[PDB]
Student: 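Structure: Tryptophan--tRNA ligase in complex with chlorzoxazone.
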Amino acid sequence: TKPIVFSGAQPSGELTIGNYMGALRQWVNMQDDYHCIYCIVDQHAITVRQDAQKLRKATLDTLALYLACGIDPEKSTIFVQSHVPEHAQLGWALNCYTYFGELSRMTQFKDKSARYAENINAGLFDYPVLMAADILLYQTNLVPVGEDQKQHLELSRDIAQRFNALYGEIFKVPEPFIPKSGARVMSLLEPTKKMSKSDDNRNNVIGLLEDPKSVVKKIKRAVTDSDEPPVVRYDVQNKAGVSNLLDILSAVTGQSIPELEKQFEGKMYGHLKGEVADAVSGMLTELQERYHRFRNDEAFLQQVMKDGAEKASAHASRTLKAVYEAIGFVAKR
Amino acid sequence: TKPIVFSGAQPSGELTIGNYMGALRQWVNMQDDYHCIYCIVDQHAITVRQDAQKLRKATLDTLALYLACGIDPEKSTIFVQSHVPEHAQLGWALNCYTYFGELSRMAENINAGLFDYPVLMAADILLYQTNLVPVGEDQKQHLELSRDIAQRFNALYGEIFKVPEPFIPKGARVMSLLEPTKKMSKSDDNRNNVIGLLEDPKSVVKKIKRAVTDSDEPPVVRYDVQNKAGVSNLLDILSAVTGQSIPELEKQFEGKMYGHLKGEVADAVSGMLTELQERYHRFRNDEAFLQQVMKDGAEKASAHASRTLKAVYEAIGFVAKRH
Ligand SMILES: Nc1ncnc2c1ncn2[C@@H]1O[C@H](COP(=O)(O)OC(=O)[C@@H](N)Cc2c[nH]c3ccccc23)[C@@H](O)[C@H]1O
Ligand SMILES: CC(=O)NCc1cccc(Oc2ccc(-n3c(=O)n(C4CCNCC4)c4ncnc(N)c43)cc2)c1
Ligand SMILES: O=c1[nH]c2cc(Cl)ccc2o1
């Protein structure tokens, strides 16, 4: 059997080129090399208050984006988190092997709490435990995520090691798979800020489903720097905007940063932005063409969700049974 | 509609005569008045690190003893919490509608289950459209949270949950044998304060013999909680067993010493416990009967719980599972 890949994305907000390069691109590339399981984590999404119709639509939007990106339901397991009860079940059990301080120190909880001071809910606090459950249910070896999820992933390793030390080889210790390019795509007008899929200022984001012409305009208005002469060179500390543009270009084209730097020798931000805009616009055009073919086919989305939950349930139920046996529950009849 | 009562039976800790005569005995006789649900809450148990085999055993011990006390799995619903996934599912969902501040108002080294179990308890109750909860006195804030969560969710989404109420009325006072001012508690570390339902007649005699009394001269068997708490407790225990009134026992023990009272208390308590214990050991050692009870109970519970969860999931907006 192949090693197992698991990762998830929230059906909230609108997935961005940041979500793509930090995660979905790796997801697509790993489907033959590993046994891949990809999840739409609707239970995580509701740690930020969602409109019920937006949440249902976004769940189906996200599924269609997975397919449009090239996640292949004949190769990977694709499912909606709430369709598999074992996620919540293991999540509760793992609460008892997670310490309050491990959770209160999470950067995501802190940032999200500051953004939503009116809804600092227990789900938002407990977010990393459910996420560890998501991973550990599937005997997961590799978790492809962006840099922002590294702290959460490290906790899932701590939890898996803690549990295994008490009970045996119940879980695999997962390892992060974080790309070299695009692991932390930054905001176009505030390049010291991670690009958010829920930004109040849409001019910060490149949405995967956004009108490509709208995206090209945002790219040309992305902030750069005052360097005289303007020079296309990677330097996050001094040239955050130009660096972020180079990172996006490198991630779409596959070209290395040194190659791009050489390509733009003697050139300035107009050439840089012109070809970030060209590359991204073409990617989004092709992606969106596949997207609508999947999104408007309810029968196909319904079948993918059904088969995926069935495949996921078979894995998850096996792990949960071993967890429940280890901690001392009377096994269900 | 016949009200739904939800009770969470914690597996660890053997029930005492205070648990039986003070509450369960009466609930056993209300199984036709209410749709009673008895959930053996193993998922609550694991907030405290404990031996796995002992937790499995205590789950089965608790099930057989509830059956032995007369819970009728045909009239009531009795099941193990972990056998019904909806409890954890609704628990997660209700985390997202519970303020962090609410849990902190109930450090870095406590586990998250210890912090988060009040939400699980709210899910346990709210799954079954529960009308009544016989909470402990230490669980009243927890029930208030469950009511707050239910109303908050209902205000956003419609009348999805019943708002549960405490079961207000109390049925017998059983105090600690060596500290007559303290209720006899199944979680007491001093086992000599308690009489467990499984104790043998020699154990009962010994514990009653050491039960504190007073230095009244002459000794006088008369009820007076303020001045004769130990003797009063022995009288309450004896009346709760035999049904004889406190005045009748006072007349019966006129001119008698505390040794006589204690002798009668032990005999009466052990007589009560013998039919309980016979039923217990017979149920506890019938693995297939226990398995059938848990299978049937989890099936009944899950049928009800899944109805509520699906309404919750529909209201939140989750895409419905494809079966
Ligand atoms: N600007 C950015 N640049 C690069 N990568 C980025 C950027 N913003 C986000 N990401 C990555 O996108 C993925 C999905 O993010 P979500 O917020 O939906 O989703 C999250 O942040 C997860 N907690 C969802 C989840 C739930 N359970 C899991 C188990 C395994 C892996 C992931 C999950 C993530 O990999 C995230 O790192
Ligand atoms: C007696 C009764 O029927 N109560 C209603 C009810 C409803 C639903 C679940 C339910 O089960 C539980 C089980 C345990 C708890 N619980 C619980 O009540 N406490 C107490 C212990 C001391 N007094 C204050 C807090 C818990 N401490 C740790 N972990 C827990 N899980 C704790 C809380 C609830 C009980
Ligand atoms: O990760 C988690 N936390 C949880 C809390 C409750 Cl109450 C239920 C399931 C959970 O899964």
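The chains are labelled alphabetically, A first, in the order the sequence lines are listed. Numbers in chain A track the PDB entry; the residues on display, in order, are 2-334. Chain B is numbered as in the PDB entry; the shown residues are, in order, 2-107, 118-181, 183-335. Just so you know, ligand 1 is whichever comes first in the structure, and atom 1 is the first atom listed for that ligand. What's counted below: heavy atoms across the whole structure, side chains too, no hydrogens, waters or symmetry copies. So this one's X-ray crystallography, 1.8 Å, going by the header.
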Student: Please list the parts of the model that make up chlorzoxazone.
Tutor: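 It's found at ligand 3.
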Student: Under a 4.0 Å cut-off, which other chains come into heavy-atom contact with chlorzoxazone?
Tutor: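 Heavy-atom contacts under 4.0 Å involve A, B.
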Student: I'd love a list of the residues lining chlorzoxazone within 4.0 Å - heavy atoms, by chain and number.
Tutor: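 Heavy-atom contacts: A89(A), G92(A), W93(A), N96(A), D127(A), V130(A), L131(A), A89(B), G92(B), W93(B), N96(B), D127(B), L131(B).
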Student: What is the nearest protein non-hydrogen atom to atom 10 (C) of chlorzoxazone, stated with its residue, atom name and distance?
Tutor: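 Looking only at protein heavy atoms, the one closest to atom 10 (C) of chlorzoxazone is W93(A) N, 3.5 Å.
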Student: What atoms in chlorzoxazone come closer than 4.0 Å to a heavy atom of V130(A)?
Tutor: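 Here the atoms of chlorzoxazone in question are 1 (O).
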Student: For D127(A), counting its heavy atoms only, list the atoms of chlorzoxazone lying under 4.0 Å from any of them.
Tutor: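 With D127(A) as reference, the close atoms of chlorzoxazone come out as 1 (O), 2 (C), 3 (N), 4 (C), 5 (C).
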Student: Taking 4.0 angstrom as the limit and counting only heavy atoms of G92(B), give me the atoms of chlorzoxazone inside it, by number and element.
Tutor: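 Heavy-atom distances to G92(B) below 4.0 Å select 6 (C), 7 (Cl), 8 (C).
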Student: Report the organism recorded for chain A in the deposit.
Tutor: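 The deposit lists Escherichia coli.
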Student: Would you mind running through chlorzoxazone and noting each atom that sits below 4.0 Å from a heavy atom of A89(A)?
Tutor: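 Near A89(A), the atoms of chlorzoxazone are 9 (C), 10 (C), 11 (O).
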Student: Consider every N or O of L131(B) and every N or O of chlorzoxazone, then say whether any pair is closer than 3.5 Å.
Tutor: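 No: no nitrogen or oxygen of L131(B) is under 3.5 Å from one in chlorzoxazone.
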